[PDB]
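Since the structure comes first, as structure tokens, the remarks are kept for the end.
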Amino acid sequence: XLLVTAXXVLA
Amino acid sequence: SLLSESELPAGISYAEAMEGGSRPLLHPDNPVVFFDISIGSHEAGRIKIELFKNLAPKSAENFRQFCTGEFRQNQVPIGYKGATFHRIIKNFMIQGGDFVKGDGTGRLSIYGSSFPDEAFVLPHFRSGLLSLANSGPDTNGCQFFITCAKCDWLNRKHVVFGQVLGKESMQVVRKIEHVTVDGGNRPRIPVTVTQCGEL
């Protein structure tokens, strides 16, 4: 997918 | 508190920001900071950033201190000097600011580990905006992203707290955005903030 996380990066 | 595009304040359209120099456009007391960027060992240019203290004071001040060296742990400054961009997704955004570990795990702020979301006033309505990376509600830290396209699906989940100023800033953003990446969207050659400060 298009998220902007810090730790568990997802699609 | 989210504003629609028709309700946006003066000074934050793409055209307005590209006319910006070293002084803020949205509010006269907004700080302007800069990053000098190296792509590998090549100086790529400067990104100038207005921080929207008028709309997101805690988020702006966190970023500002990390640019100037004013935040210390037991007298040792820590911040964005030497920090990298560890996740780059063409046509989406460039993500960086993990000075802790350089891999996306860093979660330190000037307030402690994490700090709350301020009001979600501005949408991710265009390229060239600064927004907080997080891992869910109220988990802001040191990481950030610069939008490389509109990303309104992030609205009300990430605080938009600044904008790049001037055409050179966006040229540098586009250069970073287009570097070769691995399967995890990590650049194959490092992208580093070699110098940073306040203007």
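For reference, chains are lettered A, B, ... following the sequence lines as listed. Following the PDB entry, chain A shows residues 1-11, kept in their order. So for chain B, numbering is the PDB entry's, and the shown residues are 13-211, in order. Modified residues keep only their parent identity, or become X, and their further atoms are not part of any contact count. Just so you know, these numbers use all the heavy atoms, side chains as well, and skip hydrogens, waters and symmetry mates.
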* Asked: Quick check: which of viomycin, alisporivir, capreomycin is at chain A?
  -> alisporivir
* By the name used in the PDB entry, which chain has the largest number of heavy-atom pairs within 4.5 Å of alisporivir? -> Peptidyl-prolyl cis-trans isomerase
* To do: Name chain A exactly as the entry does.
  => Alisporivir
